[PDB]
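Co-structure: ibrutinib (bound form) and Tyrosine-protein kinase BTK.
Following the PDB entry, chain A residues are numbered 394-552, 556-659, in order. Hydrogens, waters and symmetry mates are skipped; everything else that's a heavy atom, side chains included, is used. When a ligand or atom number is given, it counts from 1 through the structure's own listing order.
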Amino acid sequence: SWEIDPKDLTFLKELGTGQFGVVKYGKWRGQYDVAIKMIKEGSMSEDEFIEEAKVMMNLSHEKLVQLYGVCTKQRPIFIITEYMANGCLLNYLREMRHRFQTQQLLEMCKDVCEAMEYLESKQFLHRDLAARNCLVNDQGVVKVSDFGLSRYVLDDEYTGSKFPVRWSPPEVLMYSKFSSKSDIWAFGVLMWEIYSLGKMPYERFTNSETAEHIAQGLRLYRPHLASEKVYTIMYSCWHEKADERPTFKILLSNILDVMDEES
Ligand SMILES: *CCC(=O)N1CCC[C@@H](n2nc(-c3ccc(Oc4ccccc4)cc3)c3c(N)ncnc32)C1
């Protein structure tokens, strides 16, 4: 049931290449749009990932990119997903032509927060939430992607020269303490990225420097497009004590309240 027959796929366009490799746009059974992520040989702990895919296929939320199945009886293995025509959120935010309104940016945060509240409800950690992981569909809806996938990456630079230092709380950087509250911290950084139109967090600093900054209790500061009420929500994600950070349920309530006040 987790297995797609790759003979049912037609390849139409190259979408680009990440750490597992090439992603293509195509159709399933001649008609339905899909994305096809091809997992480069040596890149993944594939038997672990296949077992996890069974769980991932039962996750279902409107703001979570849907995993349709996998193709594992050849290599490279394929992950078949919902097609997100507007591509990765980070590049979408950096296109200045969009001329976003702040109501649109707030909606992007709300989309992600809904997805994360749903993952929170299923005790499923993202583990690498960031704008580079989120996707945007043809209607401008942002959805969370690549959820949990970092667990199966075999390149140790990621697991590190390529680790997501700029999206990690103090306890992760100091002790490798992952939790729901590390996803919360990352979500605040993602809200910062959205309101900053895709600026790299701590843009003047190296990763090493960033980790020192955070150790000394310093923080990102208010994007020009964020109101004080929006800044309060993102900043709440960065409490030094993990247990004092909000849940995604609380964050969602905070976001809806601001939407209502900023209407
Ligand atoms: C930033 C440029 C860009 O738009 N990118 C990066 C290059 C590929 C492109 N893209 N990737 C996917 C996609 C992501 C993740 C999965 O698999 C997955 C695994 C675990 C959990 C959820 C999903 C498959 C495909 C794209 C999709 N779906 N649509 C369009 N472009 C996609 C994004």
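By chain and number, the binding site of ibrutinib (bound form, ligand 1) (heavy atoms under 4.0 Å) reads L408, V416, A428, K430, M449, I472, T474, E475, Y476, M477, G480, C481, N484, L528, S538, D539, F540, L542. When only interatomic distances are considered, the shortest N/O to N/O separation between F540 and ibrutinib (bound form, ligand 1) does not fall below 3.5 Å. Inclusion of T474 in the set of residues having an N or O under 3.5 Å from an N or O of ibrutinib (bound form, ligand 1) is warranted. According to the PDB entry, the source organism of chain A is Homo sapiens. Interface of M449 with ibrutinib (bound form, ligand 1), defined as ligand atoms under 4.0 Å from a residue heavy atom, comprises 20 (C), 21 (C).
With a heavy-atom cut-off of 4.0 Å, ibrutinib (bound form, ligand 1) reaches these UniProt dasatinib-binding residues of chain A: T474, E475, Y476, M477.
At a 3.5 angstrom cut-off on N or O pairs, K430 does not count as close to ibrutinib (bound form, ligand 1). In the structure, the covalent bond to ibrutinib (bound form, ligand 1) is made by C481 SG. The largest share of chain A residues contacting ibrutinib (bound form, ligand 1) lies in UniProt domain Protein kinase.
Remark: ibrutinib (bound form, ligand 1) and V416 share no N or O pair separated by less than 3.5 Å (distance only, no angle test). Close approach of ibrutinib (bound form, ligand 1) to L408 is summarised as follows: ligand atoms under 4.0 Å from at least one heavy atom of the residue are 30 (C), 31 (N).
Rounded to 1 Å, the minimal heavy-atom separation between ibrutinib (bound form, ligand 1) and the UniProt active site of chain A occurs at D521, 11 Å.
Atoms of ibrutinib (bound form, ligand 1) found under 4.0 Å from any heavy atom of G480 (numbered from 1 in listed order, with element): 4 (O). Taking every non-hydrogen atom of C481 and a distance limit under 4.0 Å, the qualifying atoms of ibrutinib (bound form, ligand 1) come out as 1 (C), 2 (C), 3 (C), 4 (O), 5 (N).
The ligand atoms of ibrutinib (bound form, ligand 1) that sit less than 4.0 angstrom from a heavy atom of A428 are 27 (C), 28 (N), 29 (N). Within ibrutinib (bound form, ligand 1), counting atoms from 1 as listed, the ones closer than 4.0 Å to a heavy atom of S538 are 14 (C), 15 (C), 22 (C), 23 (C). Proximity by heavy atom, under 4.0 Å to ibrutinib (bound form, ligand 1), holds for these of the UniProt clofedanol-binding residues in chain A: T474, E475, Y476, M477, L542.
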